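Heading - carfilzomib (bound form) complexed with Proteasome subunit beta type-5
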Amino acid sequence: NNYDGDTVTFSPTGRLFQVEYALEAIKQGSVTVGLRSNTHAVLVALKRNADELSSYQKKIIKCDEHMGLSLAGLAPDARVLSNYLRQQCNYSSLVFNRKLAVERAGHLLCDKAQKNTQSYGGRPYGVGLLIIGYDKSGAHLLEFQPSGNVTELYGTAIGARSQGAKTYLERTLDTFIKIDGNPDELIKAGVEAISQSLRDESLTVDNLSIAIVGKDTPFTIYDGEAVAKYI
Amino acid sequence: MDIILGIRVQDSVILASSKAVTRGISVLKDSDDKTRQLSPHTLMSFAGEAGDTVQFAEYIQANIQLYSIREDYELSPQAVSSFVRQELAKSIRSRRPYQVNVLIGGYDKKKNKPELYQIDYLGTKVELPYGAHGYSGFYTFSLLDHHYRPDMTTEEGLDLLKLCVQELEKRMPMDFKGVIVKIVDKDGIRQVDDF
Amino acid sequence: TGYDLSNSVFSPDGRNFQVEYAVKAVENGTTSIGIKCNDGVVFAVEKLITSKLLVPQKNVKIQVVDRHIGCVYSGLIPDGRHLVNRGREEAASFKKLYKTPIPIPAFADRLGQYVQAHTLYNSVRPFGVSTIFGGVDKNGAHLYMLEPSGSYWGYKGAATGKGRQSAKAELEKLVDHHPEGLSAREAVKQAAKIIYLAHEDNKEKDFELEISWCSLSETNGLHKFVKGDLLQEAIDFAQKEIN
Amino acid sequence: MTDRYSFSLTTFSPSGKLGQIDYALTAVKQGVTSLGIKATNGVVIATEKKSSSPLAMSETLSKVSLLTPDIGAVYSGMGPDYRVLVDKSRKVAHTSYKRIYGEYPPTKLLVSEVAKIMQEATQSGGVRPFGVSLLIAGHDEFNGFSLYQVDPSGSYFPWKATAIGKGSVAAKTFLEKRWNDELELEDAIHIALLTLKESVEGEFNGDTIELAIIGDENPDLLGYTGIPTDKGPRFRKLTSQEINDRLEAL
Amino acid sequence: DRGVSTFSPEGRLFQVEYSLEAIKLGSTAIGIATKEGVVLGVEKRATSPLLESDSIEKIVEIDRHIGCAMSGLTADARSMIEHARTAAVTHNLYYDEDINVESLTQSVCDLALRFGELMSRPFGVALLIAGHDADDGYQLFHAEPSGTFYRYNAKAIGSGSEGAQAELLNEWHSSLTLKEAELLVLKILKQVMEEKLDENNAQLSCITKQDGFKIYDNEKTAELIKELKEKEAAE
Amino acid sequence: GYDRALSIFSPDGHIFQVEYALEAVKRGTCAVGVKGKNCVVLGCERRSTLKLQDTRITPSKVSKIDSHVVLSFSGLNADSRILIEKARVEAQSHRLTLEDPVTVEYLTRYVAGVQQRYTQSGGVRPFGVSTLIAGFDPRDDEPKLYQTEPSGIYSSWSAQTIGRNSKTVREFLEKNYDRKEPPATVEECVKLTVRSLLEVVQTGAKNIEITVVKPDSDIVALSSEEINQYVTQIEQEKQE
Amino acid sequence: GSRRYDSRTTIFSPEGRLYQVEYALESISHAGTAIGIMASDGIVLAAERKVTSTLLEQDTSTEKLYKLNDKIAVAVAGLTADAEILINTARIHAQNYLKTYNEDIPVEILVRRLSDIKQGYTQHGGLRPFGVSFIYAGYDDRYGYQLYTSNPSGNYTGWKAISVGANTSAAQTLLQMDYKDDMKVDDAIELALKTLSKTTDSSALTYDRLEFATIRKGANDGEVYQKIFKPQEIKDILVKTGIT
Amino acid sequence: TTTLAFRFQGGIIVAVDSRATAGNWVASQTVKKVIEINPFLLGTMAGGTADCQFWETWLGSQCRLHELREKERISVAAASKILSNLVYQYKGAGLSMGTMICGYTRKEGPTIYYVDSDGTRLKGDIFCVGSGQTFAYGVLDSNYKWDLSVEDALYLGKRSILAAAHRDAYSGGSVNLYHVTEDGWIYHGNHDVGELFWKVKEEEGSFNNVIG
Ligand SMILES: *[C@@](C)(CO)[C@](*)(O)[C@H](CC(C)C)NC(=O)[C@H](Cc1ccccc1)NC(=O)[C@H](CC(C)C)NC(=O)[C@H](CCc1ccccc1)NC(=O)CN1CCOCC1
Ligand SMILES: [Mg+2]
């Protein structure tokens with residue numbers, strides 16, 4: 001009310017309203033799902049268009065051969081944060097000849113987002129990110145929120161109606177976690193998960209967006225006729 | 001670059017400047033004009049390090065032209081010479097100094113008098129009846145000391161100048177491919193085409 | 001009025017309302033505690049399990065500074081990380097210049113001054129965390145607790161978060177019942193019990209326990225996490241006490 | 001972080017007033033009375049030493065300050081503002097004059113430099129004006145003796161005699177009746193003590209009054225001998241005893 | 001007042017949303033993409049009859065293979081075009097090749113959110129960027145001050161945008177010839193424009209692989225206007 | 001440095017500081033530009049509440065940017081000097097690097113760009129000035145007349161006016177100027193310019209300034225008597 | 001942050017006026033009147049000191065009239081402290097020009113640069129403008145004798161006779177009445193004083209409440225002299241014109 | 001290097017050799033020493049290879065930006081001055097370039113500008129640049145007339161490079177010819193000195209110093 005003019009101001013109950021308003025931009029964004037087994041880690045994302053004449057806004061971004069994310073909210077902020085991740089992964093490779101741990105990737109994003117919430121003039125990031133990756137400790141899935149909070153999970157979803165897919169994955173936990181050495185089945189589980197967030201619209205060939213990374217699989221993205229297999 | 005001369009007479013200033021541009025064992029050009037018009041009644045000849053000369057001349061030209069437009073008024077030769085001197089005086093203590101020597105010939109319309117200023121690359125200014133830069137002085141000064149009079153006409157000055165060029169063409173080691181001569185007076189600047 | 005809209009502005013009372021508002025954010029956060037013992041310190045924290053989908057053991061909240069200091073906090077988790085990052089830089093430069101690892105009281109003031117600095121200007125926000133931290137140095141064991149205002153003191157026991165009052169009460173009993181001192185291995189068990197008792201103030205979601213410790217004899221003066229058999233032994237001790 | 005106040009905190013109001021300067025002058029009005037009188041052969045500046053507590057040692061707090069050997073200053077208003085102005089004033093006398101010309105600045109020019117500092121606090125970003133008026137007395141070879149008043153705006157005026165602060169309106173009237181152009185220095189000290197008694201309420205003695213003169217050169221206060229041209233400081237601070245001697249024949 | 005980079009309670013940046021209102025006040029611009037080329041057309045909208053309309057420059061070349069139309073506060077577009085041209089030429093210097101249309105658009109959109117308390121406010125102009133490259137062929141992009149860009153088969157921006165967009169929804173198909181597209185832009189511009197459409201108050205342009213980006217003459221457009229009127233009367 | 005964003009969007013999509021700068025232009029004295037077949041004429045109003053003026057030394061309303069281009073304005077006088085200075089410097093800088101004087105379009109584009117920069121730069125307000133820039137490109141005889149405004153937009157005009165009561169004189173020009181046949185001579189062009197100012201001015205004494213620009217750096221300002229003859233001639237034809 | 005306390009000194013009103021400039025002019029209208037009159041053989045500068053006290057040192061005082069160089073002087077109206085900042089800048093600017101061109105600075109060039117400084121404070125920087133109006137009186141070999149005025153807006157204009165500060169409306173009407181072009185210095189002296197005498201808010205105009213200065217060619221042959229009048233010289237010139 | 005370009009009745013001829021050397025090591029015999037800047041502008045290279053190659057392609061990018069901004073092809077004078085002002089900024093740093101900016105525009109006509117790395121900029125009708133410039137001058141000057149035909153002018157340019165290629169140890173490989181007309185530049189082939197020397201010797205009867 002009187003305490004939402006900028007990010008530097010606390011409310012009387014101890015809330016940061018600008019950070020909460022940035023969180024609201026994620027809820028308006030299109031749904032995206034993330035899940036993983038022990039061998040692989042999968043991202044599924046529902047893309048969104050302006051109208052029938054427009055293209056579908058790309059949700060998934062590669063960060064390295066072994067890491068990438070999906071987005072929900074302000075796309076330009078995702079481009080800034082992804083580009084920062086691309087540099088950090090690249091710094092680790094050039095200087096230490098070392099693939100950047102997915103956990104460190106989260107710690108770095110957390111600290112970058114935080115600085116924007118404690119200084120005058122700046123604003124919080126208005127996007128949420130799901131980061132998947134395979135490193136020296138196996139598969140990983142992370143959830144980033146622009147408050148700074150990063151969380152490691154087996155599965156999750158963010159965006160509009162993300163609660164449906166999040167409930168499904170909470171039921172299916174025991175099943176999909178043991179889908180080892182089988183990419184197509186882990187995707188099928190992720191596609192069925194995102195389907196629990198659909199209303200009036202179904203998954204079409206230029207609507208769906210899948211990305212996978214794992215033991216003997218680099219981070220790759222599937223679109224167009226390559227996802228027709230999963231409808 | 002090399003030879004630049006100047007003679008102030010009763011009613012005008014006359015500047016002569018060599019035409020040759022040499023680099024290594026080749027005369028690349030034999031028709032080079034080593035001068036810039038700073039204002040309608042002010043002319044500057046220049047000589048020195050390659051590149052620096054034209055870069056400096058044009059930079060001064062731009063500044064004087066800028067002044068003229070701003071004030072709708074022509075600076076006096078004395079005022080222009082002082083500006084040029086200060087620019088060179090700044091330059092000499094820079095990281096890379098301009099290695100350029102200039103002569104400034106002008107006609108002051110308020111005084112109705114011709115004026116000739118000699119300025120070296122250090123920023124050393126002197127007003128003179130006749131002037132030269134480089135090795136040219138070593139021949140011309142003693143010659144002018146003898147033949148120069150303060151009340152000479154423009155025609156007398158050109159003959160005096162022919163005498164200088166002849167002496168240089170006889171005793172100078174290098175072929176400087178003759179000179180371009182220009183006159184500055186009450187009516188402005190004009191070039192003598194047959195010299 | 002309007003005295004509470006800007007940081008670093010004094011009210012007619014002589015108070016900085018923005019710092020007091022930051023304390024509210026700390027009170028909203030999960031419970032964390034610190035127990036000073038014979039030859040070291042013990043830290044413990046409550047991790048709320050929001051969902052089945054959270055990977056157990058893999059959302060670590062306690063942080064090490066240098067090789068001999070542990071830090072835990074309640075409130076805005078990112079603000080706590082920023083403070084530790086600064087703590088690590090402060091410790092690094094101290095060791096760079098003076099060779100010896102940073103003493104705990106020296107470290108305590110480095111954080112204290114930094115947090116206090118964020119109450120001096122309206123262009124920055126106060127920290128939304130109370131930090132419990134400490135370790136072992138040349139003079140022995142020290143436990144500290146730092147607050148948004150920059151205020152810190154040494155402690156025998158410390159607690160902050162939603163269940164601070166329950167934990168404080170339980171801590172006061174240990175201090176009274178053990179005047180000669182508490183052992184490191186005892187303090188780990190007690191820490192577990194106090195977190196489980198403090199969980200009564202946050203009992204909708206069940207939780208995950210996380211403990212760490214520095215001890216001159218048990219961990220050789222270095223900060224380590226409590227895992228495996230020693231962790232499960234501490235959990236079982238706590239489970240037996242609630243029933 | 002960083003000073004985000006890069007804008008003026010003193011601005012013109014619709015009526016044409018500069019609010020902060022007016023309010024600074026209001027602070028000066030609340031301040032304790034101080035005065036200055038100019039004689040033929042000297043200048044006197046005086047003020048009441050308002051003690052904050054009887055446990056406080058008022059000798060450690062100097063309201064009258066030496067700026068140069070021939071220039072002194074006193075004030076009315078906020079003491080802390082005055083103290084830093086004296087520091088800056090002393091330094092500017094060296095940096096912008098003595099280190100260039102090898103001699104001390106004349107009174108008028110030092111005053112001009114102080115005024116500049118006070119004017120900038122009226123226009124620069126993120127600052128308030130100084131809450132003081134100064135009276136500066138001094139001597140220099142080519143101008144002789146002189147007395148100047150400097151206000152929070154940065155304006156300065158020369159005076160034969162004047163007073164500033166609490167009871168300045170009455171004190172100025174008293175000085176108009178007594179001031180002539182034939183006043184000797186001793187006569188001016190006498191009139192200064194008379195004028196100050198009116199505004200002071202409690203104790204009136206050498207311990208509650210602070211008074212300094214700009215008069216003859218003082219070779220005994222120089223600290224060395226050998227150079228004929230160096231004859232000593234014209235600024236002298238009257239002692240507690242020296243004031244009480246003049247209060248008997250009052 | 002309030003911060004320039006402030007979020008609304010709904011999760012949108014106030015200044016970005018307000019700049020979008022400025023673009024709705026701008027003159028109409030339409031773009032259509034075909035397999036034979038991409039067509040760009042704009043409403044000039046002279047404020048007075050004494051104003052020489054040919055000096056109104058709302059269609060602009062970025063490179064030989066990339067063109068650009070604008071709508072809104074058109075003065076703001078100058079530095080965007082300046083950046084785009086530099087980006088295109090710089091890439092050619094570093095890689096001895098044409099730059100992808102998508103990569104050009106992304107580079108322009110990176111400027112968009114570089115505002116706050118960098119420039120003092122967002123851009124108040126939207127751009128239609130049309131071009132061709134060897135990889136993705138003929139392309140049309142809509143670049144906003146939010147920092148977002150969508151590819152479009154067809155797109156209208158400005159005051160008559162929502163009406164023109166609904167018309168493009170019906171008329172566009174994947175087999176449209178270049179000539180068919182030219183007429184379609186003229187047809188839809190004539191519908192949404194205030195004053196009567198002619199060669200002086202409207203301007204066409206296209207980009208083809210063979211001939212590159214070309215702004216049409218007033219003589220060439222005038223004939224396409226005459227051809228359009230005749231075809232509508234013929235049934 | 002002072003950083004404040006002074007020029008910002010409002011809910012309805014307007015930048016009020018830019019729009020309020022246009023109000024300053026509307027307050028300024030009227031200025032008019034008319035281009036003929038072989039010339040451009042710049043007319044300017046001078047308010048007569050100021051007697052005891054010294055017209056020798058008082059800043060003239062029309063300024064030379066180069067020997068071939070001129071700039072008149074409407075709005076804040078002090079603001080116009082800053083734009084004129086920058087334009088004059090760029091004019092000499094162009095001659096220095098391109099070895100050719102500026103075109104009128106280029107000089108306008110530059111001035112308009114400067115104005116635009118001040119509408120989205122922190123710490124600054126927009127220029128409260130609109131300009132009329134007129135001249136002839138090097139080695140060209142086609143007349144050029146351009147207009148700029150605080151927002152930064154610029155455009156070419158057959159004839160245009162700016163300043164106070166400019167909507168009245170624009171109304172006059174819109175019916176009195178034929179695109180198919182512009183003023184064929186210098187006299188015709190000056191007369192149409194003076195006529196248009198006489199719709200708004202008051203007295204044709206020391207209130208009107210006229211400057212004529214012709215090809216190849218031929219610029220001259222008319223004196224009182226020369227202008228007064230146009231005023232005397234127009235009034236006698238009017239009584240009909 | 002600090003946005004809360006920003007007055008925004010450099011913005012437009014809805015009417016297209018600069019608030020702070022308008023308010024600075026309102027400030028200046030309460031300052032002591034200063035008059036400049038330009039004759040064919042010189043220039044007069046007359047100014048009224050702000051309500052004087054009898055114990056003010058009059059002879060060693062300077063409030064209104066300042067020397068910029070040997071050929072240019074200024075009369076001030078507004079905040080003295082602000083004026084001195086600008087005067088020292090103008091004094092330096094004159095010396096820079098002399099150093100560069102070996103010629104005394106033309107009056108207008110000095111006036112333009114000082115006015116350009118004032119303009120800057122109204123467009124950028126977020127600071128308050130200078131609350132000062134100047135009357136420039138000077139000579140150069142291009143235009144001869146010249147009078148200018150500048151104000152907080154940074155706008156300057158040339159004059160034959162002009163007043164600034166208090167009661168300019170009444171003062172300008174009186175000057176417009178009795179001024180003519182063939183006027184001499186001694187006549188202009190009399191006009192300047194007579195005008196102040198009628199427009200003053202005081203009871204009677206006396207020597208101690210005035211500052212006076214002429215710029216004549218009344219030296220020996222083709223050179224300009226600046227005379228800043230002493231107290232006794234103002235007393236005499238006041239008797240000589242029969243005001244006291 | 002040997003590079004030349006001269007002005008004549010029918011436009012501009014530009015001829016260069018194709019040799020690159022590192023000391024006495026012949027590094028390449030197939031180096032392109034003419035840089036095509038646009039259909040109407042050419043740039044010749046002599047001195048440091050990287051310096052010339054890098055900054056002349058950069059010059060092309062600046063010329064492209066001029067015609068995008070100004071909707072008009074850049075003048076030869078303006079193009080040459082961009083390059084000369086650039087190298088002047090690096091004066092003393094050690095750049096080594098002797099270049100010639102050739103082209104035709106409507107306002108200028110056929111124009112040649114000499115630009116070198118110490119900042120010299122000269123307009124002129126004939127220039128030879130490089131280690132073998134004097135050898136090229138000798139043949140070119142002695143046979144040059146303004147009234148030369150296009151056929152004869154092409155041959156003289158070719159024959160001058162051959163003269164230098166023969167005598168100068170640091171010139172050779174092959175001759176690259178260019179003709180610049182009102183319509184633009186035209187490429188007139190690569191001519192290997194291996195075959196060209198003997199062909200010219202036999203047909204012309206020159207080069208009697210050489211064992212036939
Ligand atoms: C005639 C043909 C000869 O003068 C021309 O002038 C040609 C101009 C054409 C090629 C554009 N000039 C040269 O061939 C030129 C002469 C030269 C050499 C060195 C400095 C300045 C001028 N040669 C080169 O530029 C060669 C060309 C390469 C070998 C194909 N390059 C070098 O000599 C390089 C880079 C020189 C250099 C310049 C500035 C800083 C560092 C290095 N040097 C080497 O490759 C080193 N060398 C290779 C052989 O192994 C030993 C190390
Ligand atoms: Mg050879």
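The chains referred to below are lettered A, B, ... by the order of the sequence lines, with proteins before strands, and numbering in each begins at 1. Remember, it's 1-based here, ligands and their atoms both numbered in the order they're listed. Heavy atoms only: backbone and side chains are in, while hydrogens, waters and symmetry mates are out. Partial entry; contacts are within-part only.
- One finds carfilzomib (bound form) in this structure at ligand 1.
- With heavy atoms closer than 4.0 Å, the chains neighbouring carfilzomib (bound form, ligand 1) read H.
- With a non-hydrogen cut-off of 4.0 Å, the residues around carfilzomib (bound form, ligand 1) amount to H/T1, H/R19, H/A20, H/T21, H/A22, H/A27, H/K33, H/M45, H/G47, H/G48, H/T49, H/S131, H/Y170.
- The UniProt active-site residue of chain H nearest to carfilzomib (bound form, ligand 1) (heavy atoms, to 1 Å) is H/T1, 1 Å.
- The organism that the entry gives for chain H is Saccharomyces cerevisiae.
- We find a covalent bond linking carfilzomib (bound form, ligand 1) to H/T1 OG1.
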